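Section: structure with rilpivirine.
The chains referred to below are lettered A, B, ... by the order of the sequence lines, with proteins before strands, and numbering in each begins at 1. Atoms within a ligand are numbered from 1 in the order they appear, just like the ligands themselves.
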Amino acid sequence: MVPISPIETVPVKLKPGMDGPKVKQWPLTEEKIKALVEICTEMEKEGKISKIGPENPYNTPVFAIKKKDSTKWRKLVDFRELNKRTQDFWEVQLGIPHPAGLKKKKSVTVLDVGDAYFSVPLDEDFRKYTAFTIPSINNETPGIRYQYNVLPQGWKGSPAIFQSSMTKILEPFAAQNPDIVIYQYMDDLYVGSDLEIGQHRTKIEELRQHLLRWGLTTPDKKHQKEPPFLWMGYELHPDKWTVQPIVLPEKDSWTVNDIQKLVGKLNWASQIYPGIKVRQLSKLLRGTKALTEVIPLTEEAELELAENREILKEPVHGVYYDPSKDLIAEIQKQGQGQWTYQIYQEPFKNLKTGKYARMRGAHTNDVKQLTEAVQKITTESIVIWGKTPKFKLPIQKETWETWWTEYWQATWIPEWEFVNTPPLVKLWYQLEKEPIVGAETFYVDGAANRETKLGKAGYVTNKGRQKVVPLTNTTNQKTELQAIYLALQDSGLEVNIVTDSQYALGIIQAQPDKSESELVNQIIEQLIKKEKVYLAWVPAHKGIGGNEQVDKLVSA
Amino acid sequence: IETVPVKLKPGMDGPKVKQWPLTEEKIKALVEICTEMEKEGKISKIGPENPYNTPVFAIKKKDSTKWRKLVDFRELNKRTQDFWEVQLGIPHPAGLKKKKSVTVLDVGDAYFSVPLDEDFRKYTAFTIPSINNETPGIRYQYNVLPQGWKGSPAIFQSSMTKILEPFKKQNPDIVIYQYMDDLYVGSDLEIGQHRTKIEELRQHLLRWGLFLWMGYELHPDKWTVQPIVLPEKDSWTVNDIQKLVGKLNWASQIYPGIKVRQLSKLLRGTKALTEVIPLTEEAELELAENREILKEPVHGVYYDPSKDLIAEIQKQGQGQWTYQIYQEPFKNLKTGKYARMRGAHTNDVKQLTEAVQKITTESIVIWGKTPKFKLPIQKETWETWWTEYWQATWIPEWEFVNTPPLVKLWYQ
Ligand SMILES: Cc1cc(/C=C/C#N)cc(C)c1Nc1ccnc(Nc2ccc(C#N)cc2)n1
Ligand SMILES: NCc1ccc(OC(F)(F)F)cc1
Ligand SMILES: [Mg+2]
């Protein structure tokens with residue numbers, strides 16, 4: 001015989017303080033026992049399991065399950081308890097490759113490694129913990145006891161240990177054949193290259209010879225799997241990729257469940273279909289969680305859906321990555337906090353697309369959202385391609401410069417160019433850095449009774465202009481905003497405003513262009529109409545004139 | 001030879017911290033560095049039975065053509081036991097900050113000569129990721145004391161003392177301070193003389209079998225602070241006076257004797273913001289009394305080694321940044337301002353990252369530990385960019401300020 005290299009076992013432990021599982025074996029039907037005995041007899045012959053003596057205290061339940069329209073049985077061991085007690089492992093299967101990061105391949109061949117899959121040796125010291133019992137016929141004899149010698153299907157460490165073992169034997173082949181790629185998924189190996197077909201098939205045969213050194217045979221037969229591959233919700237083709245078919249149901253009535261499913265499909269679709277929007281549809285899921293509850297669609301949701309149906313009307317494919325070319329990312333504002341993007345190398349051929357939604361908060365602006373979108377795309381691109389794309393952004397260079405230089409926070413976006421593609425992101429207002437000569441000065445204030453919720457807001461000016469308005473169902477913070485609103489409303493195109501409100505300053509210094517607060521929105525609307533606005537803060541209760549006068553007026 | 005036993009803190013498991021995404025050039029640099037380290041026995045490949053992870057990346061240090069591996073051990077360092085048996089902690093030299101020149105050397109390479117305790121090695125696990133996760137990340141752990149780990153200077157401290165023993169007796173006026181992978185050497189001599197002596201020290205290291213050649217020159221005796229100062233003006237607008245009263249009101253939380261009463265009285269009326277108001281005698285006296293108060297140190301300020309240092313930073317515009325280091329609010333242990341711009345002129349975030357490094361350095365020199373930062377930046381912007389600008393071998397802790405501080409005005 002030909003000596004083969006053994007697979008070194010991975011040492012395994014239970015979690016600290018925990019012992020192995022001891023779980024009662026369910027009674028089974030006479031025929032299930034007979035079928036399990038047959039199955040285990042064969043498995044034992046292959047060295048996968050061994051009979052053990054009475055001294056092993058451990059047990060895990062075993063079941064027999066029908067082949068469903070066939071007569072045959074399969075053994076299922078329920079490892080739930082042992083899994084709870086087994087140490088954590090390094091999980092490599094997180095970090096799924098994105099198709100848009102793959103490189104085109106002329107050939108991709110699949111090899112069946114299924115016989116390795118069930119044959120990986122298990123750490124000798126851990127085997128005792130895998131003990132199981134075939135119940136005896138009539139229970140007039142001791143059950144037949146076995147333990148595993150190999151990684152059992154369903155056990156916590158099997159995927160990680162099989163993956164690490166396979167990678168280790170593949171490493172020298174990969175390293176010494178830089179002209180191919182190899183990827184393992186379940187019991188298959190996928191080997192791609194650009195080689196002339198003859199050379200490719202030679203590489204495949206050499207790979208088979210390499211695996212033979214560990215005793216791993218692969219079928220001489222021609223694999224049934226061919227490109228295109230259905231993989232992780234994608235279609236992979238030699239020169240292009242897409243998501244598997246996305247078909248949106250028509251329904252006269254929609255439930256919470258149907259909406260979650262609809263949004264899921266749309267989210268999945270958005271990585272290739274440009275312009276997908278989920279805002280209005282996602283809303284219908286706010287609160288609730290009663291699953292069978294039917295939600296009437298708003299007109300807004302109907303429109304969003306119709307827009308999506310149009311986008312999904314015919315198939316769209318992405319191309320693969322060419323490392324020799326720059327990555328370009330282009331972004332568009334879609335409205336209602338929604339942003340959409342395309343990443344490409346050559347014009348009109350996207351590698352992938354995607355979307356970004358505005359974060360939750362009381363106030364926001366387009367520039368901040370655009371910035372967040374840029375950071376997200378950047379991070380994604382590092383993951384997929386290992387570099388930042390060059391950005392094309394619908395914001396003028398001068399607008400960006402005015403923004404970042406004056407914004408209270410440090411902020412940055414990487415190399416980018418303006419693309420003139422409405423709607424453009426712009427600054428709706430900017431406050432003065434110095435008080436305005438010749439502009440009327442409004443000293444504003446407001447106050448409310450916390451019990452009755454009664455309040456007042458108003459102003460007094462250097463021209464003797466004055467206003468005080470009575471208010472109901474209000475708060476101190478609200479009256480402070482109301483007072484600023486009145487001064488904006490009653491002044492000319494240039495105005496100086498003096499407030500003691502740290503709350504109002506905090507909001508205005510954040511430069512929102514939109515707010516969940518009705519009042520902030522009205523304030524923003526007024527600011528947009530001004531030519532010049534200087535906002536001055538002073539401390540309350542200090543005897544600062546015009547602030548004290550209006551404080552007295554509004555305090556009732 | 002002869003590993004020192006190390007443990008985590010009671011009830012704590014090792015770090016499992018996600019590797020963040022790395023650029024192609026950083027991955028290639030790390031593959032190259034780690035291949036050499038593995039050959040030299042410093043690190044070894046590990047298997048799936050090791051669940052732990054600590055993030056790694058690569059930097060280019062100051063004036064350098066080659067990458068340096070930087071492991072972010074922050075999580076591990078928190079989870080690692082403090083160091084007691086021989087070492088109680090070393091009284092932090094108070095003279096270090098008083099030296100004319102302090103040069104900073106990276107001595108971290110010396111740590112690789114000491115084997116790491118066999119039972120603790122698994123907790124140093126790290127991963128070299130692959131682009132688009134197309135190949136399994138490369139998994140390693142340290143066989144020796146890693147750079148950036150809290151335990152390394154502690155365990156190596158015995159060896160370091162012997163190495164520098166002849167240098168310290170030959171040069172008694174010199175303060176040597178070690179923090180993490182850094183060695184801080186102060187001297188009052190002429191900078192040319194200071195430099196040769198630094199190179200004298202380097203030879204002591206190299207001769208003992210082994211980025212050392214580099215040095216980073218500080219002059220902490222030139223480090224200056226920011227007292228609260230008030231404008232001196234011939235004519236005050238209403239707006240000037242409101243700004244003054246605002247600033248004094250703020251100052252009165254720091255200095256109790258501050259009074260705004262007379263100055264505020266000038267504000268009585270409802271007046272145009274740009275109108276000039278003559279100061280009354282009472283106003284001038286008050287302003288004068290306030291100025292005098294502000295020339296004094298703050299009352300009851302003391303450093304507590306058992307408390308965190310907190311560092312706040314404000315962006316002042318035009319590449320200017322102000323900062324304060326404190327334990328309790330309004331009792332500032334240090335304040336300062338950075339003007340000087342090395343590159344970074346179109347990049348806010350690069351500027352901030354450099355400010356963060358300079359402040360931490362000052363913190364290490366003065367107190368021997370790093371502050372927790374309150375950064376005026378959005379989390380996502382910072383997290384995406386900071387590693388691109390990082391030149392230090394340690395990393396501090398930070399949190400993010402989302403609400404604009406009103407007090408920016410007054411540190412300006
Ligand atoms: C992640 C991955 C999944 C499958 C297969 C998963 C399944 N089922 C097959 C391979 C070979 C890979 N690995 C890589 C690595 C680099 N480029 C590529 N490009 C590439 C892959 C497949 C096709 C096709 N058709 C075209 C190009 N694949
Ligand atoms: N001893 C037989 C055997 C079992 C499994 C194998 O594949 C492995 F690499 F472990 F995943 C390779 C060989
Ligand atoms: Mg008031």
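Put simply, copies of rilpivirine show up as ligand 1. Structurally, the main neighbour of rilpivirine (ligand 1) is the chain that the PDB entry identifies as reverse transcriptase/ribonuclease H. Going by heavy atoms, the other chains that come closer than 4.0 Å to rilpivirine (ligand 1) are A, B.
In this structure, residues within 4.0 Å of rilpivirine (ligand 1) (heavy atoms) are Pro97(A), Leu102(A), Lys103(A), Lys105(A), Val108(A), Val181(A), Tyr183(A), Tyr190(A), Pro227(A), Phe229(A), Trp231(A), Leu236(A), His237(A), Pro238(A), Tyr320(A), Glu134(B).
Given atom 25 (N) of rilpivirine (ligand 1), the protein heavy atom at minimum distance is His237(A) C, 3.1 Å. For atom 13 (N) of rilpivirine (ligand 1), the closest heavy atom belonging to the protein is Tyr183(A) CB, 3.7 Å.
Regarding atom 14 (C) of rilpivirine (ligand 1), its nearest protein heavy-atom neighbour is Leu102(A) CD2, 3.8 Å.
Looking only at protein heavy atoms, the nearest one to atom 15 (C) of rilpivirine (ligand 1) is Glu134(B) OE1, 3.8 Å. What sits closest to atom 9 (C) of rilpivirine (ligand 1) on the protein, heavy atoms only, is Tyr190(A) CB, 3.5 Å. The entry describes chain B with the name p51 RT. For rilpivirine (ligand 1) and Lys103(A), the ligand atoms under 4.0 Å from any heavy atom of the residue are 17 (N), 18 (C), 19 (N), 20 (C), 27 (C). Closer than 4.0 Å to rilpivirine (ligand 1), one finds no other ligands or ions. The nearest protein atom to atom 22 (C) of rilpivirine (ligand 1), hydrogens excluded, is given as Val108(A) CG2, 3.9 Å; this is a heavy-atom distance.
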Please tabulate protein-ligand N/O pairs under 3.5 Å for rilpivirine (ligand 1), atom names and distances to 0.1 Å.
| unit_1 | atom_1 | unit_2 | atom_2 | d |
| --- | --- | --- | --- | --- |
| rilpivirine (ligand 1) | 8 (N) | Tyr190(A) | OH | 3.3 |
| rilpivirine (ligand 1) | 17 (N) | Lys103(A) | N | 3.2 |
| rilpivirine (ligand 1) | 19 (N) | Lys103(A) | O | 2.7 |
| rilpivirine (ligand 1) | 25 (N) | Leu236(A) | O | 3.3 |
| rilpivirine (ligand 1) | 25 (N) | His237(A) | O | 3.3 |
| rilpivirine (ligand 1) | 25 (N) | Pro238(A) | N | 3.4 |

